[PDB]
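Structure of (S)-(-)-nicotine in complex with Neuronal acetylcholine receptor subunit alpha-4.
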Amino acid sequence: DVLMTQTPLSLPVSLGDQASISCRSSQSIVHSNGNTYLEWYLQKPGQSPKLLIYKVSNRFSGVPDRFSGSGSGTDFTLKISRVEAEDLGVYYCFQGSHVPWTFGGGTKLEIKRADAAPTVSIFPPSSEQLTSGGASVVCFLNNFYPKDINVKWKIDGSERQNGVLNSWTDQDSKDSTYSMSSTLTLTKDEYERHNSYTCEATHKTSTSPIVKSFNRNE
Amino acid sequence: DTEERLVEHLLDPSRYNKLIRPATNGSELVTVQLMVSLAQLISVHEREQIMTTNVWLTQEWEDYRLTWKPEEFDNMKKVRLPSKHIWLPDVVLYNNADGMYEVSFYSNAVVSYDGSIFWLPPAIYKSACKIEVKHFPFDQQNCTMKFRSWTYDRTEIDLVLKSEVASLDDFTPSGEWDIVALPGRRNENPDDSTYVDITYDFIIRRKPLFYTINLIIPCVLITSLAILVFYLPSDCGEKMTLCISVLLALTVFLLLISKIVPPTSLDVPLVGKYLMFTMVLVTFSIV
Amino acid sequence: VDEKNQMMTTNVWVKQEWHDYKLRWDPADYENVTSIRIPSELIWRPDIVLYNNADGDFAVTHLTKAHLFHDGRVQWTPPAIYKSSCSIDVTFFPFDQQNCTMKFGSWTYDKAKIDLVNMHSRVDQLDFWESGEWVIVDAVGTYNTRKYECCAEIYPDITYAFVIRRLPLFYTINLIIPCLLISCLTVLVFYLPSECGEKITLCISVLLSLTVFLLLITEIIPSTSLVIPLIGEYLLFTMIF
Amino acid sequence: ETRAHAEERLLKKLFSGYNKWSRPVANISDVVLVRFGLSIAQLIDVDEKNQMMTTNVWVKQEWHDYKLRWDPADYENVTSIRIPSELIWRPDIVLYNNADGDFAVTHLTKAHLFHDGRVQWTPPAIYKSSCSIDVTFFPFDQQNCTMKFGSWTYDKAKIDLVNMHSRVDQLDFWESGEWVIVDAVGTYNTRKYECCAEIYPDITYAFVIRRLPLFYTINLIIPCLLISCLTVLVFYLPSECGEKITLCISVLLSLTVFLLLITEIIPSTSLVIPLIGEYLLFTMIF
Amino acid sequence: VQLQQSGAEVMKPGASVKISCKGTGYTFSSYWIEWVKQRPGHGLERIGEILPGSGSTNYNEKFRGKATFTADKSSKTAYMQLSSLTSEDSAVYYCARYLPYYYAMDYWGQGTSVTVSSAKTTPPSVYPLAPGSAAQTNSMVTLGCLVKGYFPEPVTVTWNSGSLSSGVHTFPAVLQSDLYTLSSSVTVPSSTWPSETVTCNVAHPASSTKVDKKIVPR
Ligand SMILES: *[C@@H]1O[C@H](CO)[C@@H](O[C@@H]2O[C@H](CO)[C@@H](O[C@@H]3O[C@H](CO)[C@@H](O)[C@H](O)[C@@H]3O)[C@H](O)[C@H]2NC(C)=O)[C@H](O)[C@H]1NC(C)=O
Ligand SMILES: *[C@@H]1O[C@H](CO)[C@@H](O)[C@H](O)[C@H]1NC(C)=O
Ligand SMILES: *[C@@H]1O[C@H](CO)[C@@H](O)[C@H](O)[C@H]1NC(C)=O
Ligand SMILES: CN1CCC[C@H]1c1cccnc1
Ligand SMILES: CN1CCC[C@H]1c1cccnc1
Ligand code: NA
């Protein structure tokens, strides 16, 4: 199978900028006829893939002219002239030389702007969960950029890694920021034996880790 | 009963003619929609560059002098007619060998009251296509077949494809050969401004295991005996028989593989090239 | 039955029986005549075509004469030479059974106009000629209906399945027994002592003889890469060893 | 008022009392002209063993008469109409070099008529001519094949052939892969046979072609040229091993097999001997 | 042209699943149909293609013996028998039309989500997220509405009829032990929360569960 390598993995570029993405093959994928059959695919989050370029020296009927693609016998490059809000998504390669056919690795592409200050807030368990007998501490991290950030949990000064659930969403459109939630799930019997629970966030835009702690017995 | 009177009303030699084609409003072109249907690729005589196929070609065209009032005739919709009597736009291969050009059966045609005609005779075609025999047998064959009216140019008729791909609803697995895709395209020479034609391309793949087992295993098997003769000690006095026998077997396989490949001097088969190389090696061995 | 081309060349009498209201008369008015013989070119003739042709005739082309009875009945019996294409299953070569089909049907008419009703459940063999190579196990007729992309109506057809067998004596006396016999020399070389100094000659002779038999059997079997013939497997196995 | 009605009326008018077998000429003394040409669809085969060239040829024949004329302004501006050639006269152009093949074209396609009386006809055909195959420089060979077209029962006093193009057209050529056409030349000639006192015209088409040597030079001559380098090798082998006669017999039988093999492919002609055959017989003698 | 697929499917591990592909508006039995596998994490991999005219099939060397296609000519439908299923193949499956060496891949399906986990049915949950007890009152405050133990996807956790839509955060689903746990957050000014009645609502169509719970301060 002719493996495919896409570079880079993620290339954040601002609106109006030119972006170039390289797509290399493990072997030569030129057919004996003299035409290299490769496809470019565009997928948007929550939709099926779309088409922009087939038979790289050619262009699809329905795609604007801002897209361009070319390359040598093996090295291939997809180029965009001006990035719009619609071109957000992930790109893909598809070769058409040897059987079986194969895809690429997936090239992530979003927009880029200035940094942001992370807004951290910790939530202790509620009364209804204490009625059930659970303990879930949720630590929200919203409106930050870039994704370079780490969340650390401390219990009475002790680092905790069991029961940590880390999720994060994609780049929002109206503000161009990131979000990340960290949930720590414990039993009610363990909540009554410890004193200090701490959510710490380490981000590039902060020289000191943002500390958010709360005490049970106050 | 009424069918007979309908036929006698339509097929009047004094009223209807066959040799002239229909056209109105200053010699307007008559669109002829044709599409092909592959029954089964029955053989590929690769030595003679001939591909034998069973084809159902469907043809539709509008014709105005054949209409009739459907209300009077018991509200009939469609009528069958012979092909030898109503006009028909000739469509036949060009790259056809064997001399055979036209279809074989000359079927009956369906005629509606509007005037449209829908006619499909089945036939057997022997097309001629070049054999790009390099990666024998792991190869692909690109066979071309062209349709066009040998009698009319782009001044009275105009061919238009119905669908982009040939249909395979009545296909059976051909056995040895396996198809990949059946694209079709209408060519148009702007320099001639009269030349029109429809070209279907068949990209065919060979299932390799038969030839593999029959030829590749014996060939590499016996040619593994190349570097083998020298580990034999010279004192016994048996190198000559073994080496001459290997050379003879390689010559035999060379002649065979040259007999099976079509004599296309445009390129040399890869297997034959490797076998010639190892033949030179084994004669250097004998000397 | 050419298996390398997968083509069955057969000679068949076709019997077609029907009747219409137009060709009737009264026998009591014409000196008691019942049947007359006339060339089929002048009367109506339903088109019966076979779909499994390969380099042959679609329609019966001899146009013999036909019988008319007084009541409007019509009988037609043309001979024909057909060339069908059936998937030859060569695994138990030569002890083989062949299952070959022929599909007849009307062409420009649906079931709502023409209906095919097989007179006999089996194929008649009263005037059959014994080939000497092939004996007929059975010849089954089946009525079916299908539907093509052209049209809305359904179309009738009759499928005949010939299941036949090959008389093995010729091949089992000329092809398999010589190679099975020379296969009794692949192990014999080891028992031969080295000082005589002719062992390599025996090995070469056996190997080239097996190669010749394989190159000869690759002709009579088809070029069907769905399965491998058993004898080819045996020969290649012995060649490897 | 439709075009079909006008064309039907015209075809009814100009076929009222027309005879086919009447040689259409203004006067008996006057002659007709037949502009002639060919086109090659594909070079089907050159069987040098049987000395037969099978070709696929479009035949272009151009002439004119006086009886099949009309006026374009009387039939809604019609100028060209197409009709089956079987219903009109047709100068029988046959080839004299046939060998078990069709003398004339058998498809009998339709032909074009113009209002002035001009007529054009272009039937396809499959011809089987006979070539004086000269195999000396095998395989590096040039073949000179001839075809000879002409009328059959018409003398030059009535029909006079005139070549349209001095060369054979190749616009619809199909690359066979075994033979390339070096050139094709036409020549007008006149003969005088023994039947008759009149002279008969004819058109001789000569094809000079070459054989692509790449194939046979890698499957027939390289193995024999290789094994011929052993007849001198047996002498250097010492006698005490005891296999020199084995090598000699192997060489001789292999050369005999290659010689017998090549006598299948080259024609059984006694005019000249193939060079490769001479070399192989020489090597067998030695 | 138009493509159709099957609905959502769930099954216990080890069993078999057959999904359908419907095609209309073109010559269904004329060219290839290939399917694309997309794991919810990353990547695009194929499973194989078939020619609904013949039985000509091929498979990628990684998924041999894992899937077996089947096509029907009378009914324009392509099926796929699935082998012994493991919890590593729970992803989304696609379908698309294709034709090699020429114009190809101009339409897609709509997507088929298949999920495999040892579960039968679990109703979605209510557990509010109250702020901390020891916290500095700022100008704004973030909210929290936590949902635990529900199956299967999807669920709709919104605020009061969209009254508070600016600044919401809906995360992807992440397992804890065997079920799904999500939460929603939004930033509201602190000058309005002690006054305005706000209640998060949870909608689960697969279980017909419409439950809301008012969040009150401590
Ligand atoms: C099988 O052989 C046929 C005929 O040779 C191949 O068709 C040829 O394909 C090439 C490449 O696609 C065509 O060239 C293209 O022409 C268009 C129109 O001028 C141009 O816009 C493109 O940039 C490109 O040059 C060529 O026209 C075409 N030959 C024709 C239609 O007569 C076909 O590609 C072969 N199949 C395979 C798998 O190679
Ligand atoms: C031969 O093939 C036909 C058609 O499929 C089948 O119905 C019949 O069973 C076969 N005959 C035998 C003996 O299997
Ligand atoms: C071929 O033969 C013709 C007829 O004799 C002759 O005129 C012509 O010169 C020959 N061609 C060549 C290249 O000699
Ligand atoms: C029913 N026939 C079988 C295959 C073609 C089809 C057909 C349809 C209309 C007119 N003639 C033939
Ligand atoms: C003049 N023709 C050319 C060769 C034969 C000759 C001929 C003789 C008698 C009748 N027709 C033709
Ligand atoms: Na010998």
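Each chain gets a letter, A, B and so on, in the order the sequences are listed, and its residues count up from 1. Ligands are counted one by one from 1 in listed order, and the atoms in each one are counted from 1 as well. A restricted portion of the entry is shown here, and the contact count covers that portion and nothing more.
- All instances of (S)-(-)-nicotine together account for ligands 4 and 5.
- Going by heavy atoms, the other chains that come closer than 4.0 Å to (S)-(-)-nicotine (ligand 4) are B, C.
- Covalent partner of (S)-(-)-nicotine (ligand 4): none modeled.
- Organism of origin for chain C, per the PDB: Homo sapiens.
- The PDB entry gives chain B the name Neuronal acetylcholine receptor subunit beta-2.
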